[PDB]
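Entry below: contains echinomycin.
Labels below follow one simple rule: chain letters A, B, ... track the order of the sequence lines, proteins then strands, and each chain is numbered from 1. Heads up, header says this was done by X-ray crystallography, 1.4 Å. Non-standard residue? Parent letter or X, and its extra atoms don't count. In what follows, every heavy atom counts, from backbone to side chain, and hydrogens, waters and symmetry copies are set aside.
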2 protein chains.
Amino acid sequence: XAXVXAXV
Amino acid sequence: XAXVXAXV
DNA sequence: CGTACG
DNA sequence: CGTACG
Ligand SMILES: *C(=O)c1cnc2ccccc2n1
Ligand SMILES: *C(=O)c1cnc2ccccc2n1
Ligand SMILES: *C(=O)c1cnc2ccccc2n1
Ligand SMILES: *C(=O)c1cnc2ccccc2n1
Ligand SMILES: [Mg+2]
Ligand SMILES: [Mg+2]
């Protein structure tokens, strides 16, 4: 759920 | 994440 | 690095 | 009730 590189 | 009634 | 429902 | 990444 975080999007630091993927945002899912 | 489960969709038993919303599916999110 | 943790968000997302009826 | 539990899922979703590079
Ligand atoms: C977001 O909160 C989140 C949490 N755990 C994960 C595991 C696998 C891929 C994506 C994820 N996203
Ligand atoms: C994004 O592409 C990405 C990849 N690996 C990580 C590891 C831990 C924290 C955040 C990350 N973000
Ligand atoms: C799915 O796995 C999941 C987990 N917890 C939640 C909390 C709030 C809304 C949606 C949710 N979805
Ligand atoms: C779906 O609409 C819905 C509503 N509340 C719940 C509570 C517990 C398990 C599954 C649920 N599904
Ligand atoms: Mg985890
Ligand atoms: Mg929970």
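- One finds echinomycin in this model at chains A and B.
- Other chains with a heavy-atom distance under 4.5 Å to echinomycin (chain B) are given as C, D.
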